[PDB]
Structure formats: C-alpha cells, structure tokens
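Each residue takes its place number in the sequence, starting with 1. The figures that follow rest on heavy atoms only: side chains count, while hydrogens, waters and symmetry mates do not. Just so you know, ligand 1 is whichever comes first in the structure, and atom 1 is the first atom listed for that ligand.
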Amino acid sequence: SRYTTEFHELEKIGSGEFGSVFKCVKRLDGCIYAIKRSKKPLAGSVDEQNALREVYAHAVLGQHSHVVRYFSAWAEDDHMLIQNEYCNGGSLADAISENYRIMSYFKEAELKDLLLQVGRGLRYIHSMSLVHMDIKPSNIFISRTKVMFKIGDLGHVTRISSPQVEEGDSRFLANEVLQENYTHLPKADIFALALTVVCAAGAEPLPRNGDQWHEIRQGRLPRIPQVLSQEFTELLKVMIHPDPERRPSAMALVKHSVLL
Ligand SMILES: COc1cc(Nc2c(C#N)cnc3cc(OCCCN4CCN(C)CC4)c(OC)cc23)c(Cl)cc1Cl
Ligand SMILES: [Cl-]
C-alpha cells in the first residue's frame, strides 16, 4: 500500500460524511500532511466530479499562501486518498467550537484579519476566473507558529465563464445562486465569507431555511453578541446585500480601508 509505504499515520483527526482525515508524516521528507480517506467515487458520478473539480482547481491555482496545498491523489481498493497541506490549527469551525468550550472568542481585530486573509485567497481565486462556491467555517483552515487562514476543499470550484454549480451549504448560500442565477458567482463567495465571519464572531448557528434564512438574504445581519464597530458591521452588511452587484468584489474587499 502506497499509504503505509510513503507515510506513517500519527492520528485520525477528523471523520464525517465526506471521509476521514489523518495526520501523517511522510517518511521521505519528514513533513506532516493531512490525508483524507474516502469512498472511491462512482465512475461517472457527481462525487467524481467534485474530485476532478478539485484537481483542476489546484492545477490552475498552483500554490498560494491562502489556499491549502494539494499534493497528490490516488486509490487503494475502494478508497480515495488525498494528500493535503497540514494546517495545525484545524478548521475555523473547530476553532469556533473550541472558543465556545473555553469561553473565548475572536475580537474585532482578529475578525478583520480573518476577513482580510480569506479575502486575499478569494481575490487570487477570482483572478484566475474561478469561484469557490462552498466558503464556510469548516472549509477555512488555520496554520500557526502568528496565524494564517487558508481556503480548503476545492471540490465545488468552477469556472465563471461557463460554470457548473454544485450548490454549497444552504446556510451560506446567496439567494441568487439558489435562484439558479449564475451570472455573478464571485459575489456568492463574498456573501458566504461574510456569514463565515459572522459565525466566527459568535452568532447563533445559521438557519438552513424558513424565516430567519430569508431575513438574512434581505440583507439583515444575524445577531452578534460581541460589540463591533459600526464601520465593521456595515461592511459585513453590504457583503450580504441582496443585490450581488452592490457587494464588494474580492479585490475591492482586500483594498478596503476598514481592514488593517
Ligand atoms: C473540508 O475539506 C477538507 C478538509 C481536510 N482537512 C484538513 C486540511 C485540509 N485540506 C488541512 N488541515 C487539517 C488539519 C486538521 O487538524 C489540525 C489539528 C489536529 N489536532 C491534532 C492534535 N490534537 C491534540 C488536536 C487536534 C484537521 O482536522 C479535522 C483537518 C485538516 C482535508 Cl485533508 C481535505 C478536505 Cl477536501
Ligand atoms: Cl423556506
């Protein structure tokens, strides 16, 4: 098995609907990698599509400091193995869960840093005529010594010119995408980033549907318990503006004054 030949497994660090993730050391270089193990996708299926969307995206983007690196992919028996860059701080979703456990939180300065760094990631991706289409806390990773945020899971990445949309998490999805309007897809990433920061700021779990869902797509920011500057709250608000064209672009977001 290539997996045991090339790597030594240190511990299982994640398991879910989309596979398990293992912290592994590669024998040859002594470096740590995050390896995802999953069911070999059915040939001709959506899962296969996701997998190929992912390879294409990394192939186009190459290495970028705000995108989780993608090294190699192969199969053993009925399973797919993918070797990724290890982000020792875990996912943002897990950090938020940790913040709750120990009564800690991301103050405003750190939220701006989050918004800025992931924004730079989005700016690069969009500059390459790609959109991510699944920005959410479980797809943002943390690399630390002091902190680097990185965009992971490129399985939904598609081309702005002639897109194939596998619609992302309903809780982070812009209304226009739900309406099968695929004409301003980069602004969908922007919308999703705002709500990602909103979760990190300590907002209640986001709605999947119903009144609360629509209220947000009306441009209403979910309730956040910590005090934030109005200038910052207004920035998050315009990022979920019902008109996608009124939302800042990534390049506009990173050039924005309100961020460091
Ligand atoms: C959503 O999509 C994808 C997500 C992943 N997942 C990860 C990537 C990536 N990429 C990178 N880095 C990761 C780091 C993780 O944990 C770091 C901290 C672990 N600690 C070990 C020590 N003890 C004491 C506490 C826990 C991690 O854990 C769940 C998952 C990671 C992959 Cl591999 C592929 C896809 Cl497609
Ligand atoms: Cl509904």
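- This structure shows the drug at ligand 1 to be bosutinib.
- Going by the PDB entry, the chain with the most contacts to bosutinib (ligand 1) here is Wee1-like protein kinase.
- When distances from atom 17 (C) of bosutinib (ligand 1) to the protein are checked, a heavy atom turns up under 4.0 Å.
- Of the protein's heavy atoms, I13 CD1, 3.4 Å lies nearest to atom 27 (C) of bosutinib (ligand 1).
- Interface atoms of bosutinib (ligand 1) facing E54, defined by a heavy-atom separation under 4.0 Å, are 36 (Cl).
- Below 4.0 Å from some heavy atom of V68 lie the following atoms of bosutinib (ligand 1), by number and element: 9 (C), 10 (N).
- Among the ATP-binding residues UniProt records for chain A, the set within 4.0 Å of bosutinib (ligand 1) by heavy-atom distance is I13, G14, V21, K36.
- When heavy-atom distances are rounded to 1 Å, the UniProt active-site residue of chain A nearest bosutinib (ligand 1) turns out to be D134, 7 Å.
- The UniProt domain of chain A holding most residues in contact with bosutinib (ligand 1) is Protein kinase.
- Intersecting the UniProt Mg(2+)-binding annotation for chain A with heavy-atom proximity to bosutinib (ligand 1) (under 4.0 Å) gives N139, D153.
- For atom 24 (C) of bosutinib (ligand 1), the nearest protein heavy atom is 4.0 Å or more away.
- In this structure, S138 is part of the shell of residues with a heavy atom less than 4.0 angstrom from bosutinib (ligand 1).
- The residue-level binding site of bosutinib (ligand 1) (heavy-atom cut-off 4.0 Å) is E11, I13, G14, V21, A34, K36, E54, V68, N84, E85, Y86, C87, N88, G90, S138, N139, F141, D153.
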